Number of protein chains: 2
Amino acid sequence: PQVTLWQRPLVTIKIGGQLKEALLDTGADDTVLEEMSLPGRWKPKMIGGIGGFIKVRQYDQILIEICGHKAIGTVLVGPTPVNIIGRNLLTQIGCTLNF
Amino acid sequence: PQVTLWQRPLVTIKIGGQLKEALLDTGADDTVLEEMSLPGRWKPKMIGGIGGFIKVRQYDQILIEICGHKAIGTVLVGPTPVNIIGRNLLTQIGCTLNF
Ligand SMILES: CC(C)(C)NC(=O)[C@@H]1C[C@@H]2CCCC[C@@H]2CN1C[C@@H](O)[C@H](Cc1ccccc1)NC(=O)[C@H](CC(N)=O)NC(=O)c1ccc2ccccc2n1
């Protein structure tokens with residue numbers, strides 16, 4: 001769909017059985033979800049942003065459904081205020097910027 | 001222009017007589033620029049991101065030329081790693097997300 005930016009670009013994701021809302025974020029290389037229950041194997045990883053760094057759990061090959069579109073990728077789970085869909089996944093659902 | 005997301009969405013901006021590169025960021029509410037010389041008054045503000053909070057100088061009515069589009073708005077200058085154009089200016093240059 002086309003999404004204007006007067007409000008935050010928030011979509012519904014279905015991940016690991018759970019429904020969440022996430023921000024479509026072009027300035028994020030990675031996808032970072034708030035602490036949740038995910039099955040499996042994860043690695044320790046540190047990522048950075050404004051303000052500094054956090055330590056997150058890396059899960060690879062996770063299925064995510066972003067606004068009814070399917071994609072599989074690396075998802076990081078840690079202490080982020082808002083769930084962020086970053087560019088590793090935005091390329092999979094075909095998301096482009098327009099101006 | 002239409003921008004795909006395989007690489008970071010960077011554009012050229014002209015601000016305060018100076019040429020910079022900045023990231024078009026749909027997940028940023030505000031425009032945050034690294035430390036640079038700007039004329040006039042500024043107010044102190046705290047903003048947050050994933051690793052915490054930073055103290056920024058807020059400037060209002062700043063003219064900014066983003067990929068040849070002129071826009072007037074609030075710009076925050078501070079200790080950010082990369083120059084960020086957030087939704088307060090992206091809505092003024094007519095920026096939309098598409099998938
Ligand atoms: C998620 C991750 C992959 C780690 N990437 C990033 O964090 C990169 C790092 C880059 C280098 C440093 C400068 C920022 C850029 C852009 N960011 C993406 C960038 O989109 C990031 C995503 C985000 C949204 C909401 C909350 C937290 C984080 N947003 C931001 O950093 C902007 C900064 C701002 N004042 O506008 N924050 C917000 O717009 C914003 C909104 C609500 C909030 C609620 C609570 C706490 C903080 C909140 N911050």
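Just so we're on the same page: letters track the sequence lines, and every chain starts at 1. Counting starts at 1 for both ligands and their atoms, in listed order. Note that these values count all heavy atoms, side chains included, but never hydrogens, waters or copies made by symmetry.
The drug occupying ligand 1 is saquinavir. The chain in largest contact with saquinavir bears the name, in the PDB entry, of HIV-1 protease. Other chains within a heavy-atom distance below 4.0 Å of saquinavir are, by letter, A, B. The PDB lists the organism for chain B as Human immunodeficiency virus type 1 (CLONE 12). Note on saquinavir: A:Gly86 sits outside its first shell, no heavy atom being nearer than 4.0 Å.
Protein non-hydrogen atoms do reach within 4.0 Å of atom 24 (C) of saquinavir.
Atom numbering of saquinavir starts at 1 in the shown order; those under 4.0 Å from a heavy atom of B:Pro81 are 12 (C), 13 (C).
Taking a cut-off of under 4.0 Å to the non-hydrogen atoms of A:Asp25, the atoms of saquinavir that pass are 18 (C), 19 (C), 20 (O), 22 (C).
Heavy-atom separations between B:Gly51 and saquinavir are all 4.0 Å or longer. Close contacts of saquinavir with A:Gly27, meaning ligand atoms under 4.0 Å from a residue heavy atom, involve 8 (C), 16 (C), 17 (N), 18 (C). Heavy atoms within 4.0 Å of saquinavir belong to A:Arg8, A:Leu23, A:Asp25, A:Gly27, A:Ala28, A:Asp29, A:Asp30, A:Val32, A:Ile47, A:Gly48, A:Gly49, A:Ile50, A:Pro81, A:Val82, A:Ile84, B:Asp25, B:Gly27, B:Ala28, B:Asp29, B:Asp30, B:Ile47, B:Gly48, B:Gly49, B:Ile50, B:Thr80, B:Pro81, B:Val82, B:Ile84.
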